[PDB]
Participant: 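I came across a structure with etomidate and want to understand it better.
Order of the sequence lines fixes the chain letters, A, B, ..., with proteins taken first and strands second; residue numbering starts at 1 for each chain. Counting starts at 1 for both ligands and their atoms, in listed order. Per the header: electron microscopy, 2.7 Å. Both backbone and side-chain heavy atoms feed into the values below; hydrogens, waters and symmetry mates do not.
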Amino acid sequence: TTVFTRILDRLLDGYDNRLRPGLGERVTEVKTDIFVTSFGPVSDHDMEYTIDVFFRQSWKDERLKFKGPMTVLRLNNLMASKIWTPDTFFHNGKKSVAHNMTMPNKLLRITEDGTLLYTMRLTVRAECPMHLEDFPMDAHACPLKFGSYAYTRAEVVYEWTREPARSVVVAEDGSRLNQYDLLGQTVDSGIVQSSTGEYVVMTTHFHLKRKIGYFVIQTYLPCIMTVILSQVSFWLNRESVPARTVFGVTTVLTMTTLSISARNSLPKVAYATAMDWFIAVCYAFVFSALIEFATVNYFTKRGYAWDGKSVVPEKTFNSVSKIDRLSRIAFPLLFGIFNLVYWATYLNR
Amino acid sequence: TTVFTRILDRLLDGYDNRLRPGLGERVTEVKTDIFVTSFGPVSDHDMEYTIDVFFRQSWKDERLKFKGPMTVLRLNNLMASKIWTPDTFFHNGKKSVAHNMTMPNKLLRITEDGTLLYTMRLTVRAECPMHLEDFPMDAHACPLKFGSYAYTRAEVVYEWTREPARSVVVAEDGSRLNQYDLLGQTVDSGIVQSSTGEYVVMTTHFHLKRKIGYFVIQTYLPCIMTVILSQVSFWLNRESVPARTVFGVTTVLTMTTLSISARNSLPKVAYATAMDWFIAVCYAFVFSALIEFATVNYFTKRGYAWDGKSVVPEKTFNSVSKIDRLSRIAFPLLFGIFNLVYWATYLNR
Amino acid sequence: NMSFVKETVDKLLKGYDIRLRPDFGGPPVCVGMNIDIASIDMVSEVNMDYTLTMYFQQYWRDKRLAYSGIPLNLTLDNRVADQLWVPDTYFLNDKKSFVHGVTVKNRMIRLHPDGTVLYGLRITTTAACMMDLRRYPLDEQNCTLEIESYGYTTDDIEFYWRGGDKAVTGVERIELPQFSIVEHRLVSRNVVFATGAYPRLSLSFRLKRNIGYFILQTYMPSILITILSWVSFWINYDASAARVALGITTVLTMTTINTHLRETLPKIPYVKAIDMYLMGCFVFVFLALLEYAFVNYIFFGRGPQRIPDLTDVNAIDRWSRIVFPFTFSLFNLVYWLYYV
Amino acid sequence: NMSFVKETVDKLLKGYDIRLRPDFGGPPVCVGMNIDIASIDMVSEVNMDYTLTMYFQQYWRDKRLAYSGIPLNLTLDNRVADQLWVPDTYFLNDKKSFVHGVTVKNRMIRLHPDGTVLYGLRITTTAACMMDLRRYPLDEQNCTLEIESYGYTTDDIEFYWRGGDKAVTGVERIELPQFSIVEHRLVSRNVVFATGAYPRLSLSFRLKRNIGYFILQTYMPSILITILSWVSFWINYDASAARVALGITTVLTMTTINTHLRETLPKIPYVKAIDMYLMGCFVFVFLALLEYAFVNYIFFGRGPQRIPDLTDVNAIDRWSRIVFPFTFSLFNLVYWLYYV
Amino acid sequence: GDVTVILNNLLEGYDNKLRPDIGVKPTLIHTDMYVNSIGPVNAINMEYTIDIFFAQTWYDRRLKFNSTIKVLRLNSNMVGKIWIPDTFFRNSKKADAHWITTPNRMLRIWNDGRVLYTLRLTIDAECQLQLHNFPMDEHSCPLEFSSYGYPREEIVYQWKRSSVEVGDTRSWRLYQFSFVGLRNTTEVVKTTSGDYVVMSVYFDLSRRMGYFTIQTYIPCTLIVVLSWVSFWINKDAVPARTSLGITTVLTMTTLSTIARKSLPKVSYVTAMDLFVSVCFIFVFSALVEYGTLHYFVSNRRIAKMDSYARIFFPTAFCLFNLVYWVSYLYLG
Ligand SMILES: *[C@@H]1O[C@H](CO)[C@@H](O[C@@H]2O[C@H](CO)[C@@H](O[C@@H]3O[C@H](CO[C@H]4O[C@H](CO[C@H]5O[C@H](CO)[C@@H](O)[C@H](O)[C@@H]5O[C@H]5O[C@H](CO)[C@@H](O)[C@H](O)[C@@H]5O)[C@@H](O)[C@H](O[C@H]5O[C@H](CO)[C@@H](O)[C@H](O)[C@@H]5O)[C@@H]4O)[C@@H](O)[C@H](O[C@H]4O[C@H](CO)[C@@H](O)[C@H](O)[C@@H]4O[C@@H]4O[C@H](CO)[C@@H](O)[C@H](O)[C@@H]4O[C@@H]4O[C@H](CO)[C@@H](O)[C@H](O)[C@@H]4O)[C@@H]3O)[C@H](O)[C@H]2NC(C)=O)[C@H](O)[C@H]1NC(C)=O
Ligand SMILES: CCCCCCCC/C=C/CCCCCCCC(=O)O[C@H](COC(=O)CCCCCCCCCCCCCCC)COP(=O)([O-])OCC[N+](C)(C)C
Ligand SMILES: CCCCCCCC(=O)OC[C@H](COP(=O)(O)O[C@@H]1[C@H](O)[C@H](O)[C@@H](OP(=O)(O)O)[C@H](OP(=O)(O)O)[C@H]1O)OC(=O)CCCCCCC
Ligand SMILES: CCCCCCCC(=O)OC[C@H](COP(=O)(O)O[C@@H]1[C@H](O)[C@H](O)[C@@H](OP(=O)(O)O)[C@H](OP(=O)(O)O)[C@H]1O)OC(=O)CCCCCCC
Ligand SMILES: *[C@@H]1O[C@H](CO)[C@@H](O[C@@H]2O[C@H](CO)[C@@H](O)[C@H](O)[C@H]2NC(C)=O)[C@H](O)[C@H]1NC(C)=O
Ligand SMILES: CCOC(=O)c1cncn1[C@H](C)c1ccccc1
Ligand SMILES: CCOC(=O)c1cncn1[C@H](C)c1ccccc1
Ligand SMILES: [Cl-]
Ligand SMILES: [Cl-]
Ligand SMILES: [Cl-]
């Protein structure tokens with residue numbers, strides 16, 4: 001065991017981990033790839049998302065060349081704190097965890113030529129700005145940017161280990177999304193400018209499309225059924241004033257409750273989503289049914305309905321309202337047409 | 001530059017921070033004052049309050065006398081960990097925070113005679129037992145007690161830096177209270193006895209009076225309007241049975257929602273508050289107005305109302321109920337009297 | 001060459017006393033501050049705070065760190081920050097803050113040949129700002145970050161914004177769903193406590209609340225319910241069940257609008273601008289219901305015994321059909337002109 | 001006694017290299033594992049995880065730690081674990097976890113004369129399991145705990161369950177208020193990544209959700225409301241206000257039942273088993289309300305013009321008195337046989 | 001300083017990795033506990049918070065010293081320099097020592113080697129609650145502690161004379177419970193790493209009834225009484241009695257969900273569930289009573305069903321209350 005102890009002691013003898021490899025000679029080049037063990041839940045309200053990654057970095061350090069019985073030294077993570085490692089950080093990250101249960105989830109491997117492999121298990125919570133105009137039929141490209149914190153591009157550059165598309169790999173079973181589909185990821189590289197210099201940024205965009213199923217069940221279907229319910233009153237006799245008024249008022253109250261409760265999980269944006277438009281038109285149809293009956297009630301001459309016995313020639317009885325007869329067709333027809341237009345508009349975006 | 005390094009090196013050379021100053025020779029005397037930079041929110045649910053302070057402590061340590069080109073060494077808070085400091089803890093303290101951004105929010109100052117000034121910035125969460133029988137018109141004296149954890153009163157005694165009243169100072173713009181007023185503070189000191197000895201405890205009581213405005217808007221007014229709404233049905237004709245039934249049922253159900261929604265702010269205490277008694281009496285008035293109509297309906301003979309043309313000979317028509325006529329006066333008067341007695345009972349006290 | 005850098009850095013930290021500020025016992029050390037604001041979010045009226053993420057840079061000269069022979073600016077591993085003196089900068093209104101720590105502590109040290117230190121930290125801080133909600137949701141809030149030295153007075157340290165008004169960048173790119181940053185202001189002053197006068201830098205943002213959300217959530221439902229309550233005026237006086245049910249529900253529907261709004265706000269002891277509207281709209285639906293009870297009482301109470309006439313219920317109903325819409329628009333006219 | 005023990009223990013750590021695993025550069029070190037489960041709590045469908053407290057014991061041999069002359073298993077103060085090599089075990093699906101630290105770090109190191117190390121930790125871990133809720137609340141979940149070596153491949157380390165099927169205890173003493181642990185099982189396998197092949201131990205439980213809570217809170221309230229919507233079938237067809245008020249209220253009540261259930265679950269896009277029932281009960285109370293509208297339209301809409309008769313109003317009511325209770329029983333018969 | 005010399009002599013050659021009497025006898029540790037407050041009982045999580053001053057006393061012969069000084073009164077600085085037992089709380093969900101303004105720990109060493117170690121703790125302790133009798137339920141919430149690594153042949157704990165002390169219980173944060181009494185026990189628990197001496201404190205707690213009477217029992221009772229108003233309303237008022245009957249059922253549904261909102265989603269029937277469900281039966285039957293009366297008189301002794309319901313319904317609810325309250329307040 002002294003053979004490998006003497007190698008490690010020799011490597012760290014006179015080693016200054018405050019200095020990056022090649023400091024004053026060349027640019028340190030860090031090869032990076034990401035293995036996504038789980039693409040975590042997306043939070044609309046916080047405009048963020050969670051991602052669990054094996055974050056891998058590889059760079060060359062000529063101070064760590066060795067010759068021995070082995071060609072790769074697989075060491076525990078406490079050796080990583082003894083040498084220089086890149087100061088990578090996530091530009092859009094919010095509160096990230098480098099897991100250390102039961103030990104720091106890091107691996108350090110040194111090959112005989114000085115190449116280092118340094119991976120760590122991370123849980124990154126990153127910002128994903130969202131445009132919710134098309135909500136709940138919206139799609140987002142959630143970014144994951146990272147780079148060196150202190151070293152400018154004249155000192156440290158990052159490159160993808162393989163073809164850039166193949167350097168971010170998502171696990172087959174690793175999906176913690178509940179209402180989104182991960183459609184893929186685009187991987188790019190760039191340069192950012194700060195008050196302290198120019199920095200290399202490695203970018204990944206995760207393309208997520210929202211799954212509309214929840215909002216159909218909880219918002220769209222209750223709205224459609226309330227609108228259908230409000231039009232049931234067109235088939236009641238015009239003398240059922242307390243009955244048809246309860247139809248109109250209750251459906252408006254239900255639409256108010258649906259409208260208010262439908263933005264609970266969203267950020268309080270100043271624009272109208274696609275769902276706000278749907279609830280508005282559903283509100284308008286429901287509101288207009290009560291206005292329709294009030295018009296019908298305004299031309300009800302008699303307070304008593306047909307008794308079921310007397311012939312009605314053409315005592316006297318009210319006739320079936322012409323406004324009702326037209327409403328029994330126009331209201332169901334205009335709502336069916338609106339749904340055809342509404343769903344063709346957003347399901348095609 | 002090295003002149004001051006040699007002073008600091010000499011001070012700590014042979015210094016034992018395991019031993020209090022004057023051990024075996026005298027009682028260590030710690031002067032204390034608190035600057036409250038903000039008086040944070042009071043949590044009724046947790047029966048606790050937050051307070052952000054500059055906790056200043058001062059004591060003499062002859063081991064730290066020095067002679068140099070300065071009379072006061074204004075040192076990094078790293079130095080405080082090398083010397084003995086009081087082990088002050090808050091007796092009623094819950095999870096408190098020592099601020100560490102961007103560096104430990106502590107200052108240490110050594111004068112040439114050995115006197116030390118040691119202040120720190122703390123977010124203190126302290127227990128405040130509350131007697132909520134008068135809620136929402138309650139007042140509280142939230143205590144803040146502190147002293148040495150390990151040193152009995154024969155070893156460490158605390159005193160206020162100035163006159164006790166002037167030793168706890170609240171910043172003018174620091175009020176973070178939303179539903180309370182900081183009337184003032186009472187500052188005292190005493191002895192607490194444990195199984196391990198007698199300890200000096202320093203006490204400050206902050207006097208808080210709840211502001212009733214939120215509960216007037218959200219609880220009292222909806223209750224009063226509900227009671228007023230239920231007495232409106234006394235003015236409808238006795239033959240509007242569905243209309244006057246909706247009046248009674250709706251207001252009774254509304255008071256049920258008000259009662260349940262009223263305690264959401266409070267901890268689930270097992271006694272009745274002043275708000276509970278108001279809601280209970282409002283419930284009785286609303287319930288009685290429905291019971292009044294049932295008695296009116298029990299004496300209503302004819303199912304049809306006055307036709308608007310026939311003269312009532314004082315077919316036949318029901319008369320206006322004497323119960324309805326009496327209730328038009330009695331119910332507003334008794335409820336007006338109850339409000340006078342209720343508010344004078346609690347606002348005056 | 002790399003051995004020369006290692007030797008040079010070792011020489012700087014040999015005999016370096018981290019307990020002493022630069023120019024200890026002499027003139028105050030001047031510290032320049034830049035902030036690149038990464039994001040502002042979680043502006044909470046419930047908690048009376050906002051969360052701010054920023055790149056926080058401090059600039060000072062420590063002559064003990066001057067090095068020669070290396071025509072380079074030494075960027076060192078951030079763990080070297082624990083071997084150097086750094087200002088004891090703190091935020092007074094800071095409630096909860098942290099320096100980000102993935103993959104390493106988001107901290108920068110960059111030495112310069114003349115001894116200048118650039119010390120950068122990526123910080124997320126939850127600072128407190130008490131909000132005057134009297135005009136909520138048509139309100140402007142002013143939320144600040146108070147930067148101060150804890151242990152060093154103005155005899156030991158001086159703060160200044162490095163770059164003047166260009167010290168803080170990234171404010172114009174901040175996008176909040178509910179707010180628009182009207183302006184930001186940089187202040188440098190001194191604050192006196194019992195322990196001495198301390199330098200303070202204040203960064204303040206003026207936040208204007210977007211009202212588009214509250215039109216959809218609170219105002220429009222309240223307006224529509226109030227309009228709905230006027231339908232009663234077109235129903236005959238004898239249809240008590242219809243008009244009472246219409247009147248009662250609109251009064252209740254106003255409560256449903258208010259309770260949902262109440263649940264998402266702190267216990268505020270005063271009347272907000274949104275409360276004035278809801279209580280204004282509650283009066284209109286309540287009076288519309290009281291209008292029928294008055295109409296019912298005139299016909300059935302005062303009928304048998306024998307501004308509108310106040311004896312013909314049809315006149316009162318037709319008077320209501322004009323006055324109630326007209327007064328409500330007058331109420332909307334006064335409300336929206338006063339709060340805009 | 002204690003002089004010899006202190007001399008022996010000091011001898012073990014002199015020259016010990018914590019950077020090298022046992023048998024470094026040689027055969028893999030075999031690590032056996034026992035888990036004693038203290039509790040399971042906070043099985044959250046909202047957060048898709050469960051919280052687990054356990055005593056996580058690891059067993060391996062380190063011949064550098066063999067000692068002789070002391071017929072004792074040396075239980076050392078747990079801080080010695082910072083001086084010894086220990087396996088870099090981690091939980092792949094672990095969202096958040098900690099080792100308990102009161103009154104000291106809840107950790108145990110026990111040496112044995114031959115060099116065997118017993119290393120126990122008390123860990124509370126919030127491990128993620130994604131739950132398939134298509135049969136909720138009659139669902140049966142399967143939540144696991146992946147145990148892996150991070151940096152050591154199968155060439156360096158081997159995992160096994162110590163005691164085989166008896167490696168995990170305390171499962172039969174767990175009380176979950178909403179679930180019953182039907183079964184637990186232990187799996188040993190290797191997992192291949194881009195950096196190597198790593199040993200994995202997998203512990204999984206099968207949680208069968210209890211149904212009694214949902215009978216009282218969701219199923220019985222829905223059945224009673226559905227039954228009370230049939231009362232309108234016995235009400236006179238003339239009483240339009242009564243039957244519309246009964247019809248509207250039950251439809252409103254079903255929504256209120258659904259909203260209470262809706263608010264305590266994640267936003268999954270599919271239909272759950274509870275949604276199928278509530279939708280089914282909604283159809284029944286909606287059709288009952290549509291049944292009166294049909295009765296009303298037949299009598300008044302088509303009456304003047306002049307399997308149920310479809311022209312006799314009372315025939316439709318008589319038909320509905322039989323079909324609705326029969327069909328709802330048929331609906332409950334099908335629904336419960338499919339899900340129980 | 002003489003205390004400095006004594007402290008340095010004690011720690012010279014001291015190995016705090018080794019328990020005292022490591023190969024001779026078990027270490028006997030005497031434990032005391034002062035309860036500052038038993039915090040809230042969290043029924044949903046089945047846990048309670050307790051703030052204690054936890055005191056431990058043992059003997060370490062390596063800490064003997066001879067001098068005129070009879071005891072060394074020390075702060076937390078030396079706590080990590082000597083051996084300390086690895087006491088932990090076995091049912092602790094989450095525990096935390098206190099660190100403001102310094103580690104709230106006390107160390108006192110006597111010349112005969114006796115060590116007194118005290119620290120302040122806040123513990124979220126697991127307490128499995130059987131809520132069948134809720135809200136008239138009683139619990140005995142445990143607090144178990146033992147050694148994490150040292151078995152019964154190495155560490156033995158022992159309650160002192162004043163084992164557990166409680167202060168002013170009126171200041172405790174027990175909103176819904178009243179503290180009744182405590183017991184302290186000792187037992188040996190066999191684990192896979194050996195036999196361990198486990199010390200337990202049981203805190204008996206009785207739930208205070210007042211909140212749920214205000215929150216649930218009174219509202220549910222009033223809605224039941226509300227449904228009886230229908231019996232005095234004229235049977236010809238079909239919309240009045242149908243709306244009255246059906247809105248009480250809707251309200252009783254809303255009250256049912258509120259009552260269980262503070263409980264874990266246990267799948268058995270508590271006393272609260274029984275009361276709410278029976279109140280549901282009463283409001284349900286009142287609507288069915290009028291539907292039966294309406295059908296047999298209009299949509300056509302049964303005709304006198306209102307007179308019977310005016311007595312039978314108030315009497316059956318009084319009778320149910322008499323059985324319900326007697327069984328849950330004096331019976332099992
Ligand atoms: C995964 O990674 C995470 C990190 O990402 C890791 O968490 C870390 O875990 C380690 C332990 O493994 C922690 O380190 C120890 O913490 C001990 C106390 O922990 C409590 O307090 C924490 C904050 O402590 C501050 O305040 C106390 C006093 O109040 C002070 O002693 C500390 O130094 C520290 O002070 C700094 O910060 C404050 C502001 O906060 C400043 O004001 C101050 O100026 C200074 O800068 C707190 O964070 C902890 O909460 C965490 O942990 C608990 C569980 O314990 C958990 O419930 C929480 O949720 C949370 O996670 C906790 O409340 C501390 O005592 C230890 O320090 C010892 O030992 C070190 C050894 O190197 C030594 O350097 C210290 O000086 C000190 O020596 C002791 O001190 C004893 C007490 O005084 C004394 O009895 C001893 O005798 C000895 O005394 C001195 O000894 C020296 C020689 O050594 C001598 O010269 C002196 O004269 C004297 O005799 C140690 O720091 C670390 O805090 C955790 N970090 C975080 C962020 O949580 C996690 O464990 C990892 N998991 C796994 C599985 O690997
Ligand atoms: C059938 C008949 C029945 C009859 C029954 C009769 C029963 C009657 C029963 C009456 C009971 C009345 C009880 C009132 C108790 C108030 C206690 C108190 O001090 O409150 C205060 C108000 O607190 C607030 O928040 C103010 C609330 C404002 C409400 C505006 C309503 C607008 C209505 C418009 C209607 C328009 C109508 C138009 C019509 C055309 C509390 O605050 P403060 O302590 O003072 O403040 C201290 C701090 N500062 C601010 C001073 C620094
Ligand atoms: C806010 C908007 C206000 C708009 C107000 C618009 C109001 C408006 O125009 O009312 C007129 C009429 C009323 O219709 P409705 O059939 O309900 O009323 C009949 C109508 O008044 C006849 O004239 C009466 O016969 P008569 O000669 O008196 O013997 C008949 O008396 P009786 O048989 O009961 O004895 C009444 O019942 O409606 C239309 O013509 C429908 C137009 C298309 C409507 C399209 C709607 C989508
Ligand atoms: C909780 C239980 C409470 C039970 C309360 C029981 C209260 C009780 O017993 O009231 C009876 C009486 C009813 O009076 P009310 O005016 O409502 O009823 C009239 C009364 O019955 C006349 O006698 C009838 O005339 P007649 O002679 O038949 O020609 C008249 O019929 P019609 O002329 O319209 O055709 C009825 O309308 O009330 C009072 O006198 C008010 C005193 C204050 C009562 C205050 C009660 C709160
Ligand atoms: C806690 O345990 C102690 C023993 O460790 C109990 O004290 C004993 O009480 C009995 C009462 O009959 C005496 O006979 C013993 O002499 C006591 N033992 C002592 C003082 O060491 C104490 O009662 C227990 N507390 C409880 C059960 O609440
Ligand atoms: C006449 C004043 O009463 C009311 O406004 C009133 C009474 N019950 C309900 N409300 C309204 C809905 C309200 C209450 C509180 C805040 C905002 C709006
Ligand atoms: C045609 C089926 O529609 C419905 O069941 C329906 C429409 N509006 C409301 N509901 C019910 C209450 C529901 C909504 C969402 C989930 C479960 C049950
Ligand atoms: Cl998701
Ligand atoms: Cl407050
Ligand atoms: Cl409690």
Participant: What are the identifiers of all copies of etomidate in this structure?
Facilitator: ligands 6 and 7
Participant: Please name the chain that forms the largest contact set with etomidate (ligand 6), as given in UniProt.
Facilitator: Gamma-aminobutyric acid receptor subunit beta-3
Participant: Other chains with a heavy atom closer than 4.0 Å to etomidate (ligand 6): which ones?
Facilitator: B, C
Participant: Which residue and non-hydrogen atom of the protein lie closest to atom 2 (C) of etomidate (ligand 6), and at what distance in Å?
Facilitator: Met279(C) CE, 4.0 Å
Participant: Heavy atoms only: which of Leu261(C), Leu221(B), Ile217(B), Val283(C) is nearest to atom 14 (C) of etomidate (ligand 6)?
Facilitator: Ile217(B)
Participant: Tell me the protein heavy atom at minimum distance from atom 3 (O) of etomidate (ligand 6), and give that distance in Å.
Facilitator: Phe282(C) CD2, 3.7 Å
Participant: How does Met225(B) reach etomidate (ligand 6), by side chain, by backbone, by both or by neither, if only non-hydrogen atoms under 4.0 Å count?
Facilitator: side chain
Participant: Tell me which other ligands or ions sit under 4.0 Å from etomidate (ligand 6).
Facilitator: none
Participant: Can you help me out: which of the UniProt transmembrane segments of chain C, N terminus first, have a heavy atom less than 4.0 Å from etomidate (ligand 6)?
Facilitator: 2, 3
Participant: Among the UniProt-annotated benzamidine-binding residues of chain C, which have any heavy atom closer than 4.0 Å to etomidate (ligand 6)?
Facilitator: none
Participant: Would you mind finding which of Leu258(B), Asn258(C), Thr256(C) brings a heavy atom closest to atom 16 (C) of etomidate (ligand 6)?
Facilitator: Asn258(C)
Participant: Looking at the entry, what's the name on chain B?
Facilitator: Gamma-aminobutyric acid receptor subunit alpha-1
Participant: Heavy-atom contacts with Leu278(C) under 4.0 Å: which atoms of etomidate (ligand 6) show up? List them by number with element.
Facilitator: 17 (C), 18 (C)
Participant: Which atoms of etomidate (ligand 6) sit under 4.0 Å from any heavy atom of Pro222(B)?
Facilitator: 7 (C), 8 (N)
Participant: Could you pull out the residues near etomidate (ligand 6) at 4.0 Å? Heavy atoms only, by chain and number.
Facilitator: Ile217(B), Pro222(B), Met225(B), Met254(C), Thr255(C), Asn258(C), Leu278(C), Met279(C), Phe282(C)
